[PDB]
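Starting from 1, each residue takes its place in the sequence as its number. This deposition comes from X-ray crystallography, 2.5 Å. Every number for a ligand or one of its atoms is a count from 1 in the order of the listing.
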Amino acid sequence: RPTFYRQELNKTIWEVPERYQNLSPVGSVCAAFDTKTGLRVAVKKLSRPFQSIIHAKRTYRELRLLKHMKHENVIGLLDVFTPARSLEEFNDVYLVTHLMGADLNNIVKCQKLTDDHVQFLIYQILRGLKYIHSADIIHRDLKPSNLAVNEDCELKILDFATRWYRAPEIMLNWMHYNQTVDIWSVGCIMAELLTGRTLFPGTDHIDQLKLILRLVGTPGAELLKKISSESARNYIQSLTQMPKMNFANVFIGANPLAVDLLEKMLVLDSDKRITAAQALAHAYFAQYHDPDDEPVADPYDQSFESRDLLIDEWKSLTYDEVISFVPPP
Ligand SMILES: Cc1ccc(NC(=O)c2ccc(CN3CCN(C)CC3)cc2)cc1Nc1nccc(-c2cccnc2)n1
Ligand SMILES: CCCCCCCCO[C@@H]1O[C@H](CO)[C@@H](O)[C@H](O)[C@H]1O
């Protein structure tokens, strides 16, 4: 067991192994210098991990999730620790990842992208997503500030305005969503990268749905067939502004294939939305698409998700996960 040390930061007690030095708060996440490796790291101290049942499950969910992600386009776990010598002391959890230089927002402000940047950047997201999706994990909150990019235009997916990127079925509250909610988002992100501006800058969610509907159009028979509620079906029709544009005239100076890919991602009907795996093979990624370098996830046991347990059991589960962690090489 390493030796620990205490520090008060922006009115909060951080205690970490001395391995991590020079903590400085970026937002409760500090940047720190991992002296084992000389690399800058990010340290998250989970707020009130075991305060309620809901908190306890999320603590656990995030640990499991971080312990599973092992792909170059997705954030991974360097370290997890607790200053606690035992289960009974266990009340803090800290997670460690690579520190990130920039997110997609920063890249946006700082340089105007080549077509070739947009291809390489979206390619990485999709390759990340084919790996998340293959584990039956749905991101749900893809947006530029959750995409980290280094100096070589390499990208990692993480999770820390969200709605600009949300699939419309989420904003119309179905209890059941599939993985292609994440593809809606990728298309919102791509569009932004090519156009320089936000595709649906909605003041509120109904504003969002309106902008969506005038660009992609009102749903086909085939999709109206799948909506059970008359109220829903009426409400949707109730938009209802100046018609399905052109789409292609919103992106006029862009690469014809980019625009084609975007047409297959920004499909109202999530049954018809292109998947990450299919999107990988779309001609717009001809420069990067390598079929033998696009791996899928190991089996991932999320039977815990359906489970309703006591704080202490969630706290115990989380403790086993902490104790059994194996650092990467
Ligand atoms: C230190 C840490 C601990 C945990 C996480 N967690 C995650 O990144 C994550 C990734 C994917 C998911 C996927 N997921 C599936 C289900 N749902 C609903 C969404 C979540 C969730 C959390 C990130 C980090 N890293 C992190 N977080 C925020 C900011 C920074 C950071 C800040 C500044 C400079 N460099 C890095 N670094
Ligand atoms: C206002 C524009 C939004 C129209 C409704 C979005 C259509 C979303 O698509 C729907 O996704 C569901 C969610 O899992 C699936 O069950 C349905 O099969 C699919 O058609």
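This structure shows the drug at ligand 1 to be imatinib.
Ranked by contacts, the chain bound most extensively to imatinib is, in UniProt, Mitogen-activated protein kinase 14. The site surrounding imatinib, defined by heavy atoms under 4.0 Å, contains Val26, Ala42, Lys44, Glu62, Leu65, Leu66, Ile75, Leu95, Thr97, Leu99, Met100, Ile137, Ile138, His139, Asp141, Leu158, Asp159, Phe160.
At least one protein heavy atom sits closer than 4.0 Å to atom 35 (N) of imatinib.
Looking at imatinib, you won't find any N or O of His98 less than 3.5 Å from one of its N or O atoms. Of all atoms in imatinib, numbered sequentially from 1 with element shown, those under 4.0 Å from a heavy atom of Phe160 are 28 (C), 29 (C).
Inclusion of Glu62 in the set of residues having an N or O under 3.5 Å from an N or O of imatinib is warranted. Set against the non-hydrogen atoms of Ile137, the atoms of imatinib under 4.0 Å away are 15 (C). Polar contact check, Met100 against imatinib: a nitrogen or oxygen pair lies under 3.5 Å apart. Counting protein heavy atoms only, atom 33 (C) of imatinib is closest to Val26 CG1, 3.7 Å. The bulk of residues of chain A touching imatinib reside in UniProt domain Protein kinase. An N or O contact shorter than 3.5 Å is missing between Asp141 and imatinib by distance. Among protein heavy atoms, atom 37 (N) of imatinib sits closest to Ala42 CB, 3.7 Å. Residue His139 has at least one heavy-atom neighbour below 4.0 Å for each of these atoms of imatinib: 17 (N), 18 (C), 19 (C). With ligand atoms numbered from 1 in the order given, imatinib contributes 34 (C), 35 (N), 36 (C) to contacts under 4.0 Å with heavy atoms of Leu99.
Protein heavy atom closest to atom 24 (C) of imatinib, with residue, atom name and distance, is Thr97 OG1, 3.6 Å. The protein heavy atom nearest to atom 7 (C) of imatinib is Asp159 O, 3.2 Å. The shortest heavy-atom distance from imatinib to a UniProt active-site residue of chain A, with that residue, is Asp159, 3 Å. Annotation for imatinib: atoms under 4.0 Å from non-hydrogen atoms of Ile138 are 15 (C), 16 (C), 17 (N).
From the protein, the heavy atom lying nearest to atom 14 (N) of imatinib is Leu65 CD2, 3.9 Å.
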